[PDB]
4 protein chains.
Amino acid sequence: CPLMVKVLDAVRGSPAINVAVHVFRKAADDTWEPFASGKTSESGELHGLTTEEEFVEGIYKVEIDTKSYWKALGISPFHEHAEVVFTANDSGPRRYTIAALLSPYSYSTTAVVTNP
Amino acid sequence: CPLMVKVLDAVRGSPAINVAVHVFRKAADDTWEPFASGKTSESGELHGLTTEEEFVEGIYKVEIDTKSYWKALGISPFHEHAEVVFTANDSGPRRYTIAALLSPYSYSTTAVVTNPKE
Amino acid sequence: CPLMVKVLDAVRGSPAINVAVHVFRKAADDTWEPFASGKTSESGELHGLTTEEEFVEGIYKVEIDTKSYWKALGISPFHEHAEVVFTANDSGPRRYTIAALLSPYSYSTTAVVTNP
Amino acid sequence: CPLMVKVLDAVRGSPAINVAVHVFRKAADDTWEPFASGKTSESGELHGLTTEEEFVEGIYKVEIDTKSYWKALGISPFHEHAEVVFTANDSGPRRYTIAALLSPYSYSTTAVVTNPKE
Ligand SMILES: N[C@@H](Cc1cc(I)c(Oc2cc(I)c(O)c(I)c2)c(I)c1)C(=O)O
Ligand SMILES: N[C@@H](Cc1cc(I)c(Oc2cc(I)c(O)c(I)c2)c(I)c1)C(=O)O
């Protein structure tokens, strides 16, 4: 749909599968409120988290439980989890892909905003 | 110091100067408590946030305002900020070096933990 | 096919399209010899560069002309180009995806080796 | 010095110690000429490769043997090495800091160029 997540493992060089992803929308009260969640698939992807009709402009936060994932491989991670806060103001493009590359002591995240 | 931050700019090939950094500590009520703040210097570093005595066990959050940095450069970035959450000094004290590499639609962070020997 | 390349732009947050990619195979003489080439598509991907029958074990080098790409956006790049040398010993998995994330002064590359 | 390398380990949260680095310069015949070599120290840094006089205009290649590093750690990595190709001091001399962040199936590199004022 209009919001996709992709997670990869930099240690094994494979998609990070079955990771818990939680999405939040900043509400007026300025707190974070549940929006959507899921666990990444076998190809380290999470789709159809939302629809265009309910994905309105605003501030969203995507939180990835990197800790649980690393513990499970029996590796001691640094981060409690990874977060990505961005303003989604679909004024042009439509699709957003939040990609994160994980390592026990580091993680990189990039956003690919396209139109088709 | 126990806590050090290093920020680099991937578009210019330079350290990230005047980037504001806010550090919080997860309060006793699962509330985030301001713990320290600063701005990266000419070398994109920030030392002097805290001391050994002040820096006790707990979950800390280092928030880097990447947004203000880019905006003041003519580029509108994707992210609002960059935040690193971690548990510190649970096995006696350590030295943490939180490093970030910035790009308008991406950023990378890694941590360097060294044992003072305590 | 069994070798895929993906390129992304970290400055515009979009796929890096129409980038020249050249692949080499280290020959006995130990020099690099032409193997395959292409320009990334509209989604910053390059597929069907080879086939299983001709992708044999050995040392391959994937070179991405990051310079030409950055010059075209009128940005001064640091690197002359990005390279990725790896040993492909399909003894297990089959597919290799060489992903590279570009920035005028930096580039990260990760490999996703899967089986389906 | 004009040329400095910094290597970090993303799996351990530490500098990359004893990593071999070879530097080449594109010879007059489009041949790579060995220019300097070293090994990262306890702080995952390598200084003293060259001098201002020695380091003239040209295209250089910094090759980091990431493979030997990982192997000597029990992990078999994806890449054979990590190489950074760039043109240096074409607009009078500069100072270059080639930094790499290593992972078994990934690695990141960025450069920090500063003007000595020449
Ligand atoms: N006192 C040091 C400060 C410094 C610490 C680190 I640790 C570092 O290394 C990286 C490597 C990568 I890859 C990054 O993305 C990032 I951010 C930092 C660099 I350069 C500089 C000095 O100024 O000499
Ligand atoms: N089904 C989606 C899945 C997908 C998105 C991305 I974006 C991607 O590319 C990278 C490149 C680097 I470098 C990373 O560190 C990471 I994480 C992902 C890859 I492979 C796959 C699609 O193909 O559109």
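The first sequence line is chain A, the next is chain B, and the lettering continues from there. We number chain A the way the PDB entry does; in order, the residues shown are 10-125. Using the numbering of the PDB entry, the residues shown for chain B are 10-127, in order. Here the PDB entry sets the residue numbers for chain C, with the shown residues being 10-125 in order. Quick note: numbers on chain D are straight from the PDB entry, i.e. 10-127, in order. All values below were derived from every heavy atom in this structure, side-chain atoms included, with hydrogens, water molecules and symmetry-related copies excluded. So this one's X-ray crystallography, 2.0 Å, going by the header. Counting convention: from 1, in listed order, for ligands and their atoms alike.
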(message) Can you tell me what they call the drug at ligand 1?
(response) L-thyroxine
(request) List the chief contact partner of L-thyroxine (ligand 1) in this entry, with the name from UniProt. (result) Transthyretin
(request) Provide the letters of the other chains having heavy-atom distances to L-thyroxine (ligand 1) under 4.0 Å. (result) B, D
(message) I'd love a list of the residues lining L-thyroxine (ligand 1) within 4.0 Å - heavy atoms, by chain and number.
(response) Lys15(B), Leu17(B), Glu54(B), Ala108(B), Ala109(B), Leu110(B), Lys15(D), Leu17(D), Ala108(D), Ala109(D), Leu110(D), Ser117(D)
(request) Determine, counting only non-hydrogen atoms of the protein, whether one lies under 4.0 angstrom from atom 7 (I) of L-thyroxine (ligand 1). (result) yes
(message) I'm comparing L-thyroxine (ligand 1) with the natural ligand. Which residues that UniProt lists as binding L-thyroxine in chain B have a heavy atom under 4.0 Å from the drug?
(response) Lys15(B), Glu54(B)
(request) Distance to 0.1 Å, residue and atom name: give those for the protein heavy atom nearest to atom 2 (C) of L-thyroxine (ligand 1). (result) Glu54(B) OE2, 3.3 Å
(request) Would you mind checking which non-hydrogen protein atom is closest to atom 19 (C) of L-thyroxine (ligand 1), with the distance to 0.1 Å? (result) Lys15(B) CE, 3.8 Å
(request) Would you mind listing which atoms of L-thyroxine (ligand 1) come within a distance below 4.0 Å of any non-hydrogen atom of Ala109(B)? (result) 17 (I)
(message) I'd like to know what other ligands and ions lie under 4.0 Å from L-thyroxine (ligand 1), if any.
(response) none
(message) Show the atoms of L-thyroxine (ligand 1) that are less than 4.0 angstrom away from any heavy atom in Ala108(D).
(response) 11 (C)
(request) Using a strict 4.0 Å cut-off to heavy atoms of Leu110(D), name the atoms of L-thyroxine (ligand 1) that fall inside it. (result) 13 (I)
(request) State the atoms of L-thyroxine (ligand 1), each with its element, that fall below the 4.0 Å cut-off from a heavy-atom position in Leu17(B). (result) 16 (C), 17 (I), 18 (C), 20 (I)
